[PDB]
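Overview of a structure with BIIB054.
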Amino acid sequence: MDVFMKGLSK
Amino acid sequence: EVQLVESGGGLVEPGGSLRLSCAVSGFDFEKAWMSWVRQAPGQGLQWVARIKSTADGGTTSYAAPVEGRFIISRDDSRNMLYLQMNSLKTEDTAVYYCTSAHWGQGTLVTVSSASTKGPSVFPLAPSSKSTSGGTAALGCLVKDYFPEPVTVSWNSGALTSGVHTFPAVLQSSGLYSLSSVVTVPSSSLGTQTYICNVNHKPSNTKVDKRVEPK
Amino acid sequence: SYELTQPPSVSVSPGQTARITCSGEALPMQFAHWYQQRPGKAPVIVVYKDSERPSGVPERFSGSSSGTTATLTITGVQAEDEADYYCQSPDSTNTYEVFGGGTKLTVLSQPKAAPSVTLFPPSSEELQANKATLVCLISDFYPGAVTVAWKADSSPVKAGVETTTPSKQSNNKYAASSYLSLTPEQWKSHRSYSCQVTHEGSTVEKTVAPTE
């Protein structure tokens with residue numbers, strides 16, 4: 001449910 | 001659990017257009033950065049296009065081979081992703097996947113000037129040369145169809161055990177052929193009817209072919 | 001422009017440990033993700049954001065990432081882990097997404113299986129439509145390499161032959177098919193036609209004749 005692409009970066 | 005279902009793939013001629021759709025369920029689609037990714041036969045995965053979340057500006061990005069011809073868009077209200085494809089080329093032939101870490105099943109895009117053609121279905125009769133160890137092999141030849149796919153069942157899906165439907169050959173002609181074989185008891189051959197049921201949805205054709213001993 | 005480098009192949013023995021690398025310039029600033037893709041199926045994620053394990057993924061699959069290399073480690077490899085593995089990461093500006101080339105993982109010492117060969121002659125309905133196809137089906141073999149030769153009587157025939165690439169089946173074995181297209185006149189003119197299938201030093205030749 002919470003594993004999708006959110007545009008997050010390091 | 002998560003599921004993505006793509007639709008809209010099919011045969012279109014070079015220069016043509018198509019629109020692909022993807023229904024998403026099981027995660028917060030509003031926050032998701034969504035991509036299309038394609039895979040040509042026996043090739044690797046090739047990213048096509050991305051659209052950010054609306055809250056992040058909804059920015060679109062395209063792979064260089066498709067930039068300017070394709071348009072990715074989203075509809076948050078219906079949890080839908082779309083890929084509008086234009087000026088299509090034979091090199092765009094591929095399975096198109098909708099993805100945001102999870103993946104849909106994909107939808108087949110075939111770019112070709114060749115026209116749709118339903119199959120010629122011929123029986124492969126059991127003989128003694130296809131009989132060994134008390135079991136007999138019989139089948140159907142699904143000849144000269146376009147585009148993929150064809151699906152085969154047996155006795156309207158009541159015979160599901162011992163069924164072997166082979167990957168299609170792509171012939172020099174541009175046409176496809178495939179065979180489906182079922183292995184059955186040899187003593188049933190005189191009493192049991194065998195019918196293969198061919199479905200070629202691209203040509204809206206179903207063929208029920210009776211297979212009888214030679 | 002930005003590229004992720006992945007070894008085309010990795011082969012390992014059952015129960016030992018496989019490491020699949022993915023090297024990229026922007027990996028210090030962007031997450032990598034790893035996908036398994038089984039023969040004929042869609043990719044499934046096995047690593048999310050460098051090192052997180054998605055729910056339901058077995059514990060033997062794990063990832064890590066530091067510097068310009070992300071690594072997928074498969075411990076206690078099984079035959080079932082044979083598949084293509086892709087890494088994915090965006091460019092340094094996170095403007096576009098990039099995929100690795102893929103890594104085919106092969107598990108060594110899987111048992112050799114001689115292929116079943118079944119050859120069908122042209123159906124009578126096909127002959128009446130003035131066509132002729134011989135169908136040579138080849139199933140349940142490993143490794144995935146066969147050579148098909150057709151013969152008319154004792155003479156090889158190259159024209160009219162269509163043979164598939166072998167494709168990995170359900171049990172990790174392979175299947176292929178070969179088709180010889182003839183006119184009904186060519187079918188009748190010879191005493192017999194033969195499909196000859198070679199696999200790991202074994203040869204099987206099935207023969208059909210127009211009079212039987």
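Below, chain A is the first sequence line, B the second, and so on; all start at residue 1.
Across the structure, BIIB054 can be traced to chains B and C. On chain A, residues with any heavy atom closer than 4.5 Å to BIIB054 are A:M1, A:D2, A:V3, A:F4, A:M5, A:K6, A:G7, A:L8, A:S9, A:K10. The paratope on BIIB054 facing chain A, with heavy atoms under 4.5 Å, is formed by B:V2, B:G26, B:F27, B:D28, B:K31, B:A32, B:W33, B:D56, B:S100, B:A101, B:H102, C:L27, C:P28, C:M29, C:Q30, C:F31, C:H33, C:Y35, C:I45, C:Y48, C:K49, C:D50, C:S65, C:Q88, C:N94.
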Taking donor and acceptor roles from the modelled atom types, list the N and O pairs under 3.5 Å across chain A and chain B (BIIB054).
unit_1: A:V3; atom_1: O; unit_2: B:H102; atom_2: NE2; d: 2.8
unit_1: A:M5; atom_1: N; unit_2: B:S100; atom_2: OG; d: 3.0
unit_1: A:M5; atom_1: O; unit_2: B:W33; atom_2: N; d: 2.8

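This PDB entry labels chain B with the name BIIB054 Fab heavy chain.
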